[PDB]
Each structure stands twice: as C-alpha cells, then as structure tokens.
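Overview of a structure with WIN 51711.
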Amino acid sequence: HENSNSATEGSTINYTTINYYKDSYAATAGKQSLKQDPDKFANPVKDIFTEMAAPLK
Amino acid sequence: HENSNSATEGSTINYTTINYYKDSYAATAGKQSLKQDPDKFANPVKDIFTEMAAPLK
Amino acid sequence: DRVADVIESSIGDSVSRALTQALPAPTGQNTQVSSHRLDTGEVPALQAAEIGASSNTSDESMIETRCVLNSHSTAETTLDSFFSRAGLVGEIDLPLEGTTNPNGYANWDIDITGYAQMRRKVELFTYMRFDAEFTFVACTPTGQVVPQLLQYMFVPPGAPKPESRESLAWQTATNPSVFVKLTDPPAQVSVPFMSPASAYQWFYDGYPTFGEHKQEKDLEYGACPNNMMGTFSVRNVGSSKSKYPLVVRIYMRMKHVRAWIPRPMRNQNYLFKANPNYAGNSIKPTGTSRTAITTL
Amino acid sequence: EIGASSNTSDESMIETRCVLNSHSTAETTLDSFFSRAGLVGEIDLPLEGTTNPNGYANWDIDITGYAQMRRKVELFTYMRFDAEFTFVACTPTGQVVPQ
Amino acid sequence: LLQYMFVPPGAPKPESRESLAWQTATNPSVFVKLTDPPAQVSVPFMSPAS
Amino acid sequence: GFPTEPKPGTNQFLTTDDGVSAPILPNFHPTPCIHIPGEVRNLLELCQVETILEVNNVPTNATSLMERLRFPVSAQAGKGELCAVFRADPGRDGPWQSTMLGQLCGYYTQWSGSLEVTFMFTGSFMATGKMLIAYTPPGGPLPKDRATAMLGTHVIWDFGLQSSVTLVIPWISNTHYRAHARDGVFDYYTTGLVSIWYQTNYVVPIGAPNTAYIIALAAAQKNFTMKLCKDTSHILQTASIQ
Amino acid sequence: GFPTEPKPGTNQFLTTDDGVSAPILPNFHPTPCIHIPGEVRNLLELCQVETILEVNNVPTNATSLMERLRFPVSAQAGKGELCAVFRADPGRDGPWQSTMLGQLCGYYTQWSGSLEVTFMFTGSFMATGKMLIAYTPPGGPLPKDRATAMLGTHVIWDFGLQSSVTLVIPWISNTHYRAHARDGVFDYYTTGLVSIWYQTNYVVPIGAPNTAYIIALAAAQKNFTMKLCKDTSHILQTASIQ
Amino acid sequence: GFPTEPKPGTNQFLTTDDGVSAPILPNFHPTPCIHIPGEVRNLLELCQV
Amino acid sequence: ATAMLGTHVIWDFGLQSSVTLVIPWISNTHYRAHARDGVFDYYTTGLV
Amino acid sequence: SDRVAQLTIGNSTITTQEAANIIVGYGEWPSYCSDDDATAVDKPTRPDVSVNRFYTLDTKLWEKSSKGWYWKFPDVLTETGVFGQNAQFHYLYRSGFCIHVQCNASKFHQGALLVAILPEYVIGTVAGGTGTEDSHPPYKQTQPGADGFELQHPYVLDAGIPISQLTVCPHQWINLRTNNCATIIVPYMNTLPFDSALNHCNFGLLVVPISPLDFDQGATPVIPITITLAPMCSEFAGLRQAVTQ
Ligand SMILES: Cc1cc(CCCCCCCOc2ccc(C3=NCCO3)cc2)on1
Ligand SMILES: Cc1cc(CCCCCCCOc2ccc(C3=NCCO3)cc2)on1
C-alpha cells in the first residue's frame, strides 16, 4: 500500500495529493480544505458579547 | 504473467512492490510486514518462567 | 468508600476546553443589505479594546450597505500556499584557491536562519511542522555549467562528518547521498519531518544543558537541539584537485505545513543565525515617517 | 545464568502511568537497514601506471573490501538477497568525460 | 546558468546580479541552463480588472 | 522503451512548481504530533487581529520611538480643529506598516475587503469629549475642514465607559481587488483618507491632565482576502547573516 | 512520442532511493531457500538481548582488557560507600559501547524506550549483601552520597539464590525521542545517571574470598524503537583493506 | 525507473504546439469575470459586419 | 510574599464597600478549647 | 455582571470590581497531558491545591518614564512555594497559568498598560551598539525569576520585534479610565508534553506602558503594578533530588 509518514498525519485538514514513492512525505503539497478560526486570536474571550452590546456591563 | 524469482520467495513475510520487468527480483524493496520474535534470542529457554517468579526453583 | 473530593476532582482531564471552532471559509464573507438604524441600547461601533479582543463591528452596522456576493477565494492564504515556495537557505563555496573550503569538500551546518527572506517568513510563527523539498543548484561563480561530478551527503547528528575529500565517510553505506553532474539539472530530493520534537522551534527561550550558565556559556541561550538536524556535506568525487571552482545553492520548499503561535514580524535587520540580536545604535522605526500627524 | 534476558517490565519496577506508544518499528527492518546503496568496489583505469594500463580491469566481486558496508553485513552470519548495482564513473578529478 | 524571476508590482526589484531579492523566497523563479530546452511556464489571469 | 517526447520546460527548476521528489529516508516515521495551542490554518486568521497602528509615525529619536504608538488629543479652544490624518491604504508605506495586517500584505500583490480601525481613548475617567473620524473615498483630496470631511463616511465618537470606538473603512473600490498603492500612478489603487476632527472638545475638570492620548488598533474585516503572493519589499537586510 | 517534461532530480543517483532497474539475468531462478535457524526480522529483536556492559571501562593494558567486563564489590567498613557509576545514555561513548544495543544505536540517529540493566553477582555462595542501584533522571548531578541517590528511581538488591537483579531505566524524557547524547549541547538528550551504593555491606565467613565481582548485562525494553538511521561513527578503519 | 524511448521532436519548441506547463502561482484564483457587453466568440462574427 | 502562601484574598475597593475573609476551620482536632499563650497555644487558630 | 469578578484556586481568592472580562490564551483551557500525547512512562504527581493557587510575586512602580517589564514564566515561580519544590525535585514539568496583573489609580489619573503573553520569548542584545559584536543576554536577563526585568528597548521588545504587533498574542490592556486589572489564562504551550521548568521558559509576560501615566500634582504619585499568578493542572514526573538550575 503506502507508508503514512507525512508531517500532516492525523491532521484535521483533508488533502488530495500525488505521489510515486512508498513514503507519503514525498507526495505533492496539494490542494486542501479551507477552514478558518479567527476567534482563536481575534476573540479569545471567555464570555462572548455580540457587537450590538456594550462590551462592558 | 511474471517470473517468481526474488530472494524473498516463499518468505513468510508479505511485501508490496513495484516492477516493470518480467523478473521479480528487479522489483523495488517495498514496504512490508512488521512481525517480530524477540524470544528467539532473548528467551530461547525450554521451560518458560514468568517475571513474577524466581527463575530458579 | 471514596472521599468525594476525589470523585469530582477533575484532575486528569486530557482534553482541552476549546471555546472556538474552525468553520469553512473558501470565500470572503459576503455583505448583506443594511438599512438605517436609529435606536438606543444598541451600539455596534462602541468597543472596549482593554478586553483584548478585536472589534466585531460589521460594515452593515456602520453604514447602509448594499448586497455583495463575495466569491473571492481564500485559498492562496493557506500555510501551504504561503510557504510551499522554494527559497534560498544555503550557499556553499568550493573554490580552487582560497581559505574558505579548499581540499575539495565542505560541511554546511543545516540551518535555514542564514538568509533574511526565508527566515522572516518562518519567524512569523513560533512552531512549525513540515516536510520539505531540497533542491541543489550547482555551477561555477560565473554561473557557468561545467562537466563535474559531485556527491551530496546528508550527515545526521552523530554520524562521522567527513574530514577530507577522500574521507572514509563518503562510502555513505547508510547515510543518504546523491551523485550529480553539474550538467544534469539541479538535484532535488524529498525530506520528512525529522526531529524528536513535534515541531521545529524558531524561538527557544531557554538553555539546553542544565549547568552553571556563566558568561562564557551565554552562547547556548536559545540553542534548541531539536532543530539541529545535522550537517549537509559535499565533495567533488575524486582524489585530485577539482579543476573548476564551484558553488552550490540550497533551496528549500516546505510542504505539508502546520504552524502555531504567530509572533510579531521581524522589525530590525538580522545579524546572526539563531539569535535575535539587533543593532542597538541603529534601531529604526518599523516603517516610514512623516513630518506631522496632520499632513501626508 | 539461564541465558535469557530479564523479562522484568517497567510496571513492576515503578508505579507507571499509561502511555500509548505509536512509534513505528518500520525503520528497523532488515530491508530498511540494508537497502541503502554503499560503496563496495573501486576500479582504476589510469593512462600511465602499474595498476591497470592497457585500458581494462578485472575486479573480483567481493564486498568485503570496504569497512562501512562490510561491518553492517558482518552483523549476521547468513544473508540472502537481491541487489542493485550502480556504477559511478569519471576521472580522478571528478570530471565528466565523453568516453 | 540563468535565473528568471517574476517580480509582481510591489516586490523588491533586483538592483544587481547579487541582489538579495534573488533569494526568491516567495516570488516564482526559474533556473535554467541555456543548454536545456527553452524554459516554458504557465501563467494565470492575474489582474484586479476582469 | 515506451515512446516519449520531452517538451519545453524540461529540466527547469521552478521555485513554485509543486511536484514530487525521491524521499531520502525509506520507511522513516516522524515524531507523533502532540496537540499544541494556537494552531494557524490561514493567514487571514491573523489579518483580523488588531495591532497598533502608528498613526503618529513622526518621532525618530530612538528614545521617542514608543511615542509613535499613540497620538494626543487635548483641550482645544476653537471649533472643528484637526487632530490627525492618514492614508487608508494598508499595503502602502506609512502608519499601516506597524500593523500585522500591513506586514502580511507585503507578502501579497493584491487585496480586497473592508478595514476597521478601533481608537481607544486613554485619558482620565473624568475627561469627556466627542470626535469625528472620517473616511474619505478615492478622488476626495484631504478635507480642509470638518464641514468638508463629514461629507464622507464617518462616525462621531463619544468618550465614555466604552473606551474605544471602531471606524469601519468599507470596501469602496472600482476594482474587485487592489494592488499596493504607491504615489506614482499606482495611486490609482489608493483606498482613501482618514481624518480625525474635534466634534465638540476635550473637556476636563480642574485637577486632571489637560492632554491625553488615543491609540489606534487596526485590522481587516471578514470580507477581506488577498491574492497573488510576492515577496515583501519593506525589508531586506545588509551584511550576510553571520 | 508521448509528451513528457523531466523535472529536477533527473539523473541524480540517490543512495537511499528505492526504485527499479533492469535485471541482468532473464528467467534466472535462485537456489531454493532451505529452512535455517535463527532468522532475524527486525533489529529491535537484537536490542532486547542482554550483552555485557563494560561498566568498568577503565583498564587498557591489553592484558587486562577482560577486566572491563566486570566490576568488584568487596567487604567495606563504612556505610553507604559508592561502588560504581555510569551514564544511562546508550548511544553515548562509554560503557554502553560494549553492548550490542549501543552498537546498533550507532546506526540510528534517535531512539526511544525504557532500558534494563541486569547485574549478576558472581561471588561465593557464602557471601551475602545488599546493594542499592539508582537511576538519576536528567538534571540531577551525580549523587554525592546514597542518601541523595535514593531520592531517584532505584532498587535495593539482595544477594541470594537469584544471582542477579535487574534495574529498569524507565523512559523518562521530555521529548518523544532522543538523539545521541554527547557532552556539548547534545547533553540535552542525556538519559541520566546510574550509581551503585552499598545498602548494608558485603558480608562473608572466614574461608571465603574477601572480594568478588558483579557483571552487568544490558538491553532495551519492549517499548524501545529507533528511527532515522545514519552511519555508525564509533568506528572507521585506516589503511584500505588489503 | 519506467522504460521510455524519446523520439524526434524532443526539446523542440513549436509555437503552435498546444501542451501544458507548470503553473507559476499555486492556488491562485483570478478576479471574477463580470458581465461585459459585446463578447466575441468567433472572428466570423466580425466578417459579417 | 510570605503571607500570601497561606489562605488569602485580594480585596479591591469599589461600589461593594466590603469584602469578607473566611477563616476556614483548619484544625487537627474536631474541637478547640480556648487558646491562651502557655501550652494551650496548641489550640491556636492562626494569624490574620 | 462583567466588570466584577472573582478568581478562586487552591486557598486563594482574587477580587475585582473594574475588570475587563477574561482572556483565554488561543482559546483553550489548561488541560492535563493525554495518555497518547505523553512519553514519560512514570506515573506523575498532580499536587493539585498545594501548587495550583495564586502566588502574588511582585510589585513594580509605574512612573511617567517607565519603559515596561517582563517576566519569563515557568521560572518565575520556582523557589516559591510547594510549586517551586516540585519543580526542582522533578525533571519534567507541565502546567497552564491564570495570570492576574493588577494596578489601580483614581478617576483623575490616566494611562494604559499592555499586558501580553509572548510564548518562547527569546531575548536579544544590542550587539554592542554597532551590531558587530555577537553578545548574548545573561542568565540574569533571560531568566530573572520574580522581580522580573525592565525592558531597555520596548519598541522592539529587546528582541528586534515590533511591540506594535504584540497584540497577536493573548493580551489585555489596563486603561485606568476603564479598568484596574488584566486576567489571562494560558494553556501549556510547548512542542513537548513535558519539559524542564528550569532550563525552559514556555512564555514571557509583558507589561508595557503604551500611553504614559500622568496626573496633576497632589494626587498620590505611587501607582504600583502587582503580578499575581496561579499554575493550573500542574503535573510533574522524573523524580530525583532537588536541583536549582
Ligand atoms: C540527499 C540529501 C538531503 C539533504 C539535506 C536534508 C536537510 C533536511 C533539513 C530539515 C531542516 O529542518 C530545519 C528546522 C529548523 C532549522 C533551524 N535553524 C535555526 C534554528 O531552527 C533548520 C532546518 O542532503 N542530502
Ligand atoms: C551488468 C553487470 C552486473 C554486474 C555485477 C553483478 C554483481 C552481482 C554480485 C552479487 C554479490 O554477492 C556477494 C556475496 C558475498 C560476497 C563476499 N565477499 C567476501 C565473502 O563474501 C560478495 C558478493 O556487472 N555487470
């Protein structure tokens, strides 16, 4: 079959790549899934607040 | 079809290789089965004994 | 039977609370119709930066907006898109006459922090995991292609590093070596994510030894062994003078990239490898300057 | 004295936690360890000399001539395998010539 | 041996044969010998206009 | 052998070409990937994070560099006095260069989307005041007075518990994308101008500082995206790294 | 012919590249493979086999080389006297180099797993005694006395019918794998230290040797694995083999 | 490697040859194509004017 | 820096005029007889 | 119900009536190490309450000229309390932190502090001014422990990086007209499941005055800044004798 040894193993992202060797790290970079999570850096707040509200109550 | 003439013929291990010639010894090294048998060199004892026991009774 | 405080005791919870989720974002967010809003109690525009969160105010709340179906892709902004671009990371000289590397062989310590362009991009993040495609472009200093045979050899840390052009180490019985003519297209090869850590570390705030940490040893601050992948050795294959002065340029293209903890982009000129040192007397502003805040 | 290695487990010598070891053992197979090209022979075809003038040589096929490769194989008493022989030729300077 | 380098507007344009810009860390460059067949590459429809 | 016919492009090394290449380590298996906090997936994730906008990019004494991070606002006397001014263009030289957004733009040739600039007032609790922040779309020359600046997109900001207010610089462009704007000709891609005026006045009781500062934090909105990446110009070093 | 476009890496000879190549002998059929005892499948099989650990790697007289294979233990007088000491690091120079494990490590860049070291007492049946073997994890400097050494992982060994005792050097590391440890900087990957102390004392009746020896045999535990193989440094010959 | 045998025409650059070539910009996405009046499909369209 | 190692509370002045320090029952015995300098200091509660 | 708050760990309770919510670094609560994320096979110690509690480490005086300070973390808490002990006695350490920086003034004072967490905060030197000399920051500067260390070139965070962009890190501001404390909860961040509390500092805490402190004369001129912090989910393994460094 093929060795599962690329850096992105167990990665929550899904890639479709090409390869001609038994080791998967040799595969192309490939096209991949476009999921983002801004809140992680832009809104790491504990108790969220909406824009419509006044951030300080 | 193809000649069955590689060094690992009749080998209890299973390999998946690539080849473009009629002679199988020309095939790649390939990925293969990972079975081990430590006891053969580490415990070639006739009557086994557990770790929990005292080796000499 | 138990003591209760032991039964609740959430000590040993291996999974993290999260608080955020990754959603699909193939295109830019579209704009929806907005109308006038004259009301009390609702203030989008008003924020409290102190909290530490970016303003969540939407365009629709600040002006009457039309509707726009944004189909602009966000694909080119992925880590792979941004990083999977070959770039120069190493340069090796093999001159005939000189003090650099005569004898006909060199040992390049594998370290990508030697060139400013590539270095800055990666120093955008604190941790990075990835495979890479190394391409080696060789020729003479004039850029001329010559009928010469070379041998590149990856030498993992702990392996015998060649001491001469005819070192026994060139038998490369277990190390991976490459033999190429300068007349053949630049050699390219695929490298995995080798390293005992889960990711390469661009910045390691600490020491690696456990000693006294005196003056002389401050040389080891920020030195993280999980990044020293060993050396890359090259020699002209033979037992006599090369006959042609050579140069090898090492290009690296990252692939299957994962990156963590973004940091502020490099501000001052770089001075040394694996060492954020800056020129104290030449501390320049992040960017351009004007004459007054009230004039362009 | 018995001639067997200690079968004592870590768990019996200390209070251990639980660890799910997923480290591969693939790179330790014979093929992984041995399927690596290595130098086993070197042949000279000089112009002027006492070695091999005339323009030809006869190398007795024997891989025991170079230390790196030799030691690896001498790890075992018997070995069965196929092989890929690669021949790298050029002048002593490492120069490529139309020959 | 030559190096071709596409330099999108706004990118540092090389000032000399040894300009730092030739590190081409993000720009797309091509390295070819004049002995190799002419280099050929595929370019998309780049432009803010349609 | 099987009939082939090599074409132009043969043997070329294309930096951005994404193909395959022989693996150096057969059957090698990487170290497991632990779970680490703060994983990034797309750079856009970073562009929506506010960073300090050096509106006051005037000082250079190396002793006063920290002074650029914030501009002053103080009790005025007249009416509609101009506080500060700056270009909305993010990929252009200027204040935006201090921001992570501006920095990441250097890496892409074109961009698109609305921008936001939150201004946080850092004066005393006792100080009040109303300001008028105005975005002046392309073609409009730097407004000479407030009565002119107000004709564009704007917001009247009132100081209160809510320290800061955010000015949204909507994506108002003729083109779908914008290449970095830069004085000559490429000023075609200019975003516009931001001007801050005193709506009423900075008022304060006796016993409180007569002058305080405002801090600008800027980022991109959700409809923001970039394309065609190049290399940052901004920076390039000097003496090969030792 | 069919359109192709050769890429970088063309014509290169990659030692570790695993591809195919024309067979020199068409229709050749190998000699059947008889059944032979002791077939090896994985090197790890060999790493779990105990080999003599030259703890006493001091003597060099070529007449006394056999002396390294075992260290002495003799009737002491005091309390908690130190018997011997050594690094737990297996890929490092030192005692481990005498073992098959240490030798096979030279062939791989990194390793992982617990280690075991069985000590067999070879004195007279009449001699008794209790020893304390202690593994001192990274960061802990070579224990100055027993009272300090005991704070780490250890085992009190009592001499009896069961000649030997085994010290398990559990895999206690910050990283998942370890590259070979070696003085400068790479001491980061050090495993730790093993120290042997007298728990009570070597006791013997009249008519029995006042001094005897202990033999150390070491190997790797079941959770042991290695990766990224390189070439052994340890050895390299001199005058091309005749 | 897989057995091949290059034929005449190898390395030639044929102006009108319609083949493929490596893309310089990975994952690049063009500006949307607005609707514009007067699109031409065939030159014959112009010859009847 | 030493006092903080024990049970404590950081009090911030605000609309809520007061803060309450709870001196939890942390004793070896189930009950305590009145504490008093000599010997009976055994029953001391502690210090605030 | 957002400007008032109470933090309680172990036997410690922090109170506040002018807070500005709580930041949770990279949006993740501190957790213990997975059974498949770990390697060290010995069963760890999880002292719990004796270590996961608030330690009020130090006070700095904010002045109209202050440049700003920083504290490297894992380190800062060594030598102090039972936490410090488990850190010296054990090789491996792992833990998250709840950092509460406090500083108050009157409605008549003004100023703004940037409180951020910068992971792997490697320090640099001025390189001898000319930048030709390859100097290196001393053990006293890289790992100051409590007492922290004052910045000399905050604009570049003494590391050649723009502070203007420091906000891409879990941060929070202390704007006197608005609040009087910052609260940031940081999860364990490293490329390894455990590491040495001694030679490695997972991150640094930066407290920098971006908008200078100011006030008319006569108002109390002593505006202190106090750092209080609490380890969370502290785990230790690799027991030996106690090592200082
Ligand atoms: C065949 C063949 C292949 C090679 C070279 C293989 C190189 C693999 C390099 C992987 C590099 O990963 C790095 C991670 C971090 C750093 C780093 N430098 C300063 C601190 O971080 C450098 C390289 O040589 N011969
Ligand atoms: C075409 C073509 C192919 C060749 C060379 C084929 C060589 C096949 C060699 C197989 C070698 O197997 C060996 C086994 C044992 C020893 C050995 N040397 C010392 C005792 O054992 C050497 C080689 O030449 N031309």
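In what follows, every chain begins at residue 1, and chains take the letters A, B, ... in the order their sequences are listed. Every number for a ligand or one of its atoms is a count from 1 in the order of the listing. Hydrogens, waters and symmetry mates are skipped; everything else that's a heavy atom, side chains included, is used. Only part shown; contacts counted inside that part.
- In this structure, every copy of WIN 51711 sits at ligands 1 and 2.
- In this structure, the main binding partner of WIN 51711 (ligand 1), as named in the PDB entry, is VP1.
- Other chains near WIN 51711 (ligand 1) (heavy atoms under 4.0 Å), by letter: C, F.
- The molecule name assigned to chain G in this entry is VP3.
- According to the PDB, the organism given as the origin of chain C is Human enterovirus 71.
- Site of WIN 51711 (ligand 1) with heavy atoms closer than 4.0 Å: C:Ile110, C:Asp111, C:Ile112, C:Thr113, C:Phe134, C:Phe154, C:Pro176, C:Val178, C:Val189, C:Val191, C:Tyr200, C:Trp202, C:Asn227, C:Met229, C:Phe232, F:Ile24.
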